[PDB]
Undergrad: 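A structure from the PDB, with 4-hydroxytamoxifen included.
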Amino acid sequence: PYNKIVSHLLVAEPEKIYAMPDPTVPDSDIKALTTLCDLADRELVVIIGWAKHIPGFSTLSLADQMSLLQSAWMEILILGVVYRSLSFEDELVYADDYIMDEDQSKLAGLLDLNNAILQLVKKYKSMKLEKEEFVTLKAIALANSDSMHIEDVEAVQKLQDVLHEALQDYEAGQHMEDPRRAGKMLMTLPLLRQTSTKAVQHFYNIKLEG
Amino acid sequence: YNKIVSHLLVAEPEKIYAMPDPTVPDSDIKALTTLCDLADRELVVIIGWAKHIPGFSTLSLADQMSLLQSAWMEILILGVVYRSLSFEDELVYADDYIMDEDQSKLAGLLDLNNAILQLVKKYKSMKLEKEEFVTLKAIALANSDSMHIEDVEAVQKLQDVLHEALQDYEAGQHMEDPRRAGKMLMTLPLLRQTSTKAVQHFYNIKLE
Ligand SMILES: CC/C(=C(\c1ccc(O)cc1)c1ccc(OCCN(C)C)cc1)c1ccccc1
Ligand SMILES: CC/C(=C(\c1ccc(O)cc1)c1ccc(OCCN(C)C)cc1)c1ccccc1
């Protein structure tokens with residue numbers, strides 16, 4: 001119906017970012033990896049631009065604004081893809097010009113991993129996830145990254161609170177069929193965190209192995 | 001008073017002890033062994049405790065085990081975490097085994113324990129109650145996100161039931177915060193992460 005925060009967040013939303021493949025080089029695990037690497041690099045600058053638009057976010061200390069972006073960037077990237085693929089089935093809308101099926105992923109050796117995000121994508125799909133929910137869960141994810149390098153903990157909390165409140169409230173007017181929808185959304189965050197940490201690790205392994 | 005929560009409480013297992021076998025002088029191995037032996041004896045208990053969770057038993061033995069399979073670490077972690085609330089910078093795994101910053105460094109569990117302590121840091125901040133504990137334990141169990149389940153609906157129903165119990169509990173004894181249940185739900189990620197880091201670390205011993 002109308003929530004201050006949710007609307008703000010829809011607006012603060014970033015524009016369509018396209019992967020931009022290299023047509024002259026062959027499709028290998030090094031290509032796909034390289035393709036995603038930069039795709040994320042670009043998004044990371046995109047996200048830092050965005051976070052400033054997160055109501056109450058710019059007010060925290062800089063050292064703390066960095067602490068969170070430091071921790072929650074991967075979940076943000078991830079929830080991102082997870083969203084792009086809701087209207088699709090069994091594949092990943094990493095980029096609107098970059099989609100991967102079971103076979104493109106088998107070639108990239110990201111089967112295990114992608115079969116993980118397919119799962120995450122399944123839940124949200126079975127909940128009929130809404131754009132307004134994405135943006136909110138996304139902001140929450142950030143204000144809930146639990147960095148250990150926090151200096152002013154009472155502030156992080158008020159930021160968490162402000163965003164949590166917007167969720168309960170938006171879910172309150174748009175879905176009275178489910179007096180427990182917000183909290184349900186919230187329970188999908190762990191998997192988000194699980195996937196992201198899985199992602200981070202595969203990366204530290206590819207870097208170890210080469 | 002909420003029925004489901006009264007149950008979970010009553011179900012709450014009896015105290016367990018690590019019993020730092022009067023055998024080997026303190027050392028990485030001794031330490032790691034003590035925990036290995038306690039976790040196992042706890043795991044058994046957990047299995048039994050599980051039978052009481054409302055609606056848990058009705059599940060096919062296949063699912064029941066798929067959940068336990070995935071959540072047993074969060075459960076173990078949550079325990080020591082609740083056990084450690086009333087303390088400072090120390091992790092209580094058992095009344096006979098209490099790890100302080102140094103004993104940790106000795107076991108190499110500095111990083112692991114240090115994240116676990118972070119978990120406690122938050123629960124202490126919001127004065128976690130035994131009631132809230134027993135309930136999250138059950139919730140974490142059914143919200144374990146296992147990839148290989150048969151009956152998705154029945155499981156979902158179990159998460160709703162327990163979720164209802166939590167939102168309800170907060171609604172009665174904690175009217176001062178309408179977002180409390182949700183905030184408890186928000187501590188689940190960390191628990192997940194920590195339980196994960198904890199597990200990958202165990203397997204990482206002599207492998208690649
Ligand atoms: C899951 C795909 C992915 C990345 C990704 C995820 C979501 C998204 O929207 C875009 C990309 C990925 C790849 C590279 C990367 O690099 C960050 C480091 N920069 C500074 C070089 C981050 C994420 C990746 C992670 C680990 C190993 C290999 C690939
Ligand atoms: C966090 C301490 C811990 C365990 C633990 C946690 C909570 C608790 O109440 C009791 C113990 C731990 C240690 C061993 C273990 O083994 C399970 C596998 N069995 C079948 C051999 C599980 C957890 C541990 C985890 C990873 C590496 C080293 C130690």
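Chain identifiers are assigned alphabetically (A, B, ...) following the order of the sequence lines, protein sequences preceding nucleic acid strands; residue numbering begins at 1 within each chain. Whatever order the structure lists them in is the order used to number ligands and atoms, beginning at 1. Per the header of the entry, the method used was X-ray crystallography, 3.2 Å. The basis for the numbers below is simple: all heavy atoms, side chains too, and nothing from hydrogens, waters or symmetry mates.
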Undergrad: Tell me where in the structure to find 4-hydroxytamoxifen, all copies included.
TA: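 For 4-hydroxytamoxifen, that's ligands 1 and 2.
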Undergrad: Per UniProt, what macromolecule holds 4-hydroxytamoxifen (ligand 2) with the most contacts in this model?
TA: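 Its main partner is Estrogen-related receptor gamma.
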Undergrad: I'd like to know the other chains touching 4-hydroxytamoxifen (ligand 2) at heavy-atom distances under 4.0 Å, if you can.
TA: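 The other chains in heavy-atom contact are B.
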Undergrad: Within 4.0 Å of 4-hydroxytamoxifen (ligand 2), heavy atoms only, which residues of other chains turn up?
TA: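 Using heavy atoms under 4.0 Å, it comprises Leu35(B), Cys36(B), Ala39(B), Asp40(B), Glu42(B), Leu76(B), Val80(B), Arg83(B), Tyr93(B), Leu109(B), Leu112(B), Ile116(B), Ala198(B), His201(B), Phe202(B).
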Undergrad: Look up the UniProt domain of chain B holding most residues in contact with 4-hydroxytamoxifen (ligand 2).
TA: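 The answer is the UniProt domain NR LBD.
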